[PDB]
Every structure is written in structure tokens, then in C-alpha cells.
Amino acid sequence: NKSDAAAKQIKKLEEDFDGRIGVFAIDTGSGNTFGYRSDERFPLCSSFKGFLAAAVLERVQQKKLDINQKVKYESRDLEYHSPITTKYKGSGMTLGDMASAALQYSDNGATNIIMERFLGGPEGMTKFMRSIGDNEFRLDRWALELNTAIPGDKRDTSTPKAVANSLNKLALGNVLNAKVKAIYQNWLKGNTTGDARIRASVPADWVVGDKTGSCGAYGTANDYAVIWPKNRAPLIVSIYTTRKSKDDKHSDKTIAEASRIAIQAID
Ligand SMILES: *C(=O)[C@@H]([C@@H]1N=C(C(=O)O)[C@@H](S[C@@H]2CN[C@H](CNS(N)(=O)=O)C2)[C@@H]1C)[C@@H](C)O
């Protein structure tokens, strides 16, 4: 009933821009959920970078990597959209700066380097997600090839629900200890790419951490967030969208709107 009216609104919203919306929201205080197409598969785009940083911090926490070890890449041809790694090319970067660059600026060079050197590539990112008990998450290709968002292709996809559950386990749950979890949160809170998305759907004084993605094809874009309202339990929102035509552009306002409707369904 509270659920069916949110579903109506989302359905309207997806018809309005002539595409498809996936939502999954959790109130971690009360347990209440809301989903819409929350078990259907959606391209990840960059959004998986958020889990990559947590994979790295898991390795830090088990002392299989040091967060301050230098990572040198002086000879590499940096991928397009490496705004952060390009500037540090000569000096290298700390593993931790590199990971958070991956997350906070969606840096493709940061992404590819970490996956090649420390993570066992796409297969090993997928392995990290099975290990927390995400079974829907799949990664197949590398940073710049995973964006084709072709309807029906399952490469590089997850579901809204599965993303939410993962983020809940990683941000709020028990894979990371106190200390490392707070690093991970601070990383999410400093994400720079999501001002117009989930961040836009909540009051100004609520703290938000998020990771976005935009494929640039099939209007495909997404965002997921942990939300800390004033004097109340944290929320998880996970919003994924695709559009009918190859040439359609993403719509941030739709994401922000789908988020408002979702925060309202669990309120
Ligand atoms: C991943 O999807 C790609 C990479 N990451 C992006 C992202 O949104 O995470 C895209 S979009 C890009 C990020 N900064 C701008 C949006 N913020 S803003 N200027 O405040 O509107 C544009 C970017 C392409 C990668 C795989 O291409």
C-alpha cells in the first residue's frame, strides 16, 4: 500500500523518460525495504569502483597490502578519464589515495591498475563480491570496455537489491572493522560526482556517501548511497536506469526523483 503508491510513481517516471528504473532502498534502523524492478539486471558502469575500493581495504585490513605503499605507473598510457592519476604520474600515488581516486573521481587509470596488480582483474572483483555473499554481481571487462550498456547483455551487471545489500554489508556491516569501515565511509562521503543525483534528493544537512556511474550509451546511469539523516538510523538507496535508444542521454533528475520516491516509500 505504501509500497504500491511508490511503485505507481516510479512506473510513471520510467514511462515519462521512456526507459527503465531499478530501485532498492533499506531503512537499516527498522528493516523496511522498497524495491521496484529490484531483481532485474542493470549495467554497473563505473559504479563498481565503490566496491573495488572496499575490496582494497579488505586486503589492507588483512595486511596483504599496506595503505601507504607507493604504486608506480610512470610508463603507462593512462586511460581516458583519469583526472587524478594523470596528475601524479611522475611521483606515483599511495595505494589508499589511488583506491579513493577510483571511487571519488571515478578515475579509470586508478581502477585498472588496482585490478591488474592487487585484485585478480574482473574475475577477482567478482570473487570479492561472492565472498561477501553478493551472487548477482558480475564484472567481465576492464574500466573502459565495460560501458556498452547494450540491452540484454549481462556482462558487467548487477541488480539494485544486490547492490544495496552489498553496500549495507560494506558501509554498515561487518566485513570491515571499526577503523577501516570509517575510512571507507569517509571515502564515500567525499565522492565528487553525485551532486545532481542521490545527494540532490535529500535535505542539505543530512550526510551522504555515494558512488555514481554513467555509461554514455542507452542513457545508462546509476547512483548508490548510504544516507545519515539527523538523529535517525542510516538509509541505503540504490538507483539504476537505462533508456530505450542507444543515443538517449542519461537523466540525473530522474535518478534524483526516483531517490525521493524511494526515501519516501520506507518513511
Ligand atoms: C564510469 O561510468 C565512467 C566515468 N564515471 C562517471 C561517473 O559519473 O562516475 C562518468 S560521468 C563524469 C563524472 N564527472 C562528471 C559528472 N559530474 S558533474 N560534472 O558534476 O555533472 C562527468 C565518467 C565517464 C567511465 C567508465 O567513462
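Quick note: residue numbers are just sequence positions, from 1. Reckoned from all heavy atoms, side chains included, excluding hydrogens, waters and symmetry mates. In listed order, ligands and their atoms are each counted from 1.
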- Query: How do PDB records name the drug found at ligand 1?
  - Reply: doripenem (bound form)
- Main partner chain, doripenem (bound form), name from the PDB entry: beta-lactamase
- Item | Contact check: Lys49 vs doripenem (bound form), nitrogen or oxygen atoms, below 3.5 angstrom | no
- Look at atom 11 (S) of doripenem (bound form) and say which protein heavy atom is nearest, naming residue and atom and giving the distance to 0.1 Å. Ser214 OG, 3.7 Å
- Message: Starting from atom 21 (O) of doripenem (bound form), what is the nearest protein heavy atom, named by residue and atom, and what distance separates them?
- Response: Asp252 OD2, 4.9 Å
- Source organism for chain A, as stated in the entry? Serratia marcescens
- In the protein, which heavy atom is nearest to atom 7 (C) of doripenem (bound form), and how far is it? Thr212 OG1, 3.7 Å
- Decide whether the shortest distance between a heavy atom of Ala196 and an atom of doripenem (bound form) is less than 4.0 Å. no
- Message: I'm curious whether the model shows a covalent bond from doripenem (bound form); which residue and atom, if any?
- Response: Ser46 OG
- Check the UniProt beta-lactam-binding residues of chain A and list those with any heavy atom under 4.0 Å from doripenem (bound form). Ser46, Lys49, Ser106, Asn108, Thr212
- Query: Considering distance alone, does some N or O of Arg197 sit under 3.5 Å from an N or O of doripenem (bound form)?
  - Reply: no
- Within-cut-off N or O pair, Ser106 and doripenem (bound form), under 3.5 Å: yes
- Task: Return the residue and heavy-atom distance (to 1 Å) for the UniProt active-site residue of chain A nearest to doripenem (bound form).
- Result: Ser46, 1 Å
- Query: In doripenem (bound form), which numbered atoms sit nearer than 4.0 Å to a non-hydrogen atom of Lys211?
  - Reply: 9 (O)
- Nearest-contact summary for atom 1 (C) of doripenem (bound form) - protein heavy atom, Å: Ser46 OG, 1.4 Å
- Item | Per-residue contact class, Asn108 against doripenem (bound form) - non-hydrogen pairs under 4.0 Å | side chain
- Query: When you look for heavy atoms under 4.0 Å from doripenem (bound form), do you find them on the side chain of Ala143, its backbone, both, or neither?
  - Reply: backbone
- Query: Nearest protein heavy atom to atom 20 (O) of doripenem (bound form), by residue and atom, and its distance?
  - Reply: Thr192 O, 4.7 Å
- Could you tell me whether some N/O pair between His81 and doripenem (bound form) is separated by less than 3.5 angstrom? no
- Item | Which of the doripenem (bound form) atoms, numbered from 1, are nearer than 4.0 Å to a heavy atom of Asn147 | 2 (O), 26 (C)
- Item | Nearest-neighbour protein heavy atom for atom 13 (C) of doripenem (bound form), which is reported as residue plus atom name and distance | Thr193 CG2, 3.9 Å
- Query: Measuring to protein heavy atoms, does anything land under 4.0 Å from atom 18 (S) of doripenem (bound form)?
  - Reply: no
- Message: Within the structure, is a non-hydrogen atom of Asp195 found at a distance of less than 4.0 Å from doripenem (bound form)?
- Response: no
- Binding-site residues: doripenem (bound form), 4.0 Å heavy-atom cut-off: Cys45, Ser46, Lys49, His81, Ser106, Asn108, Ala143, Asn147, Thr193, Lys211, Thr212, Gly213, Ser214
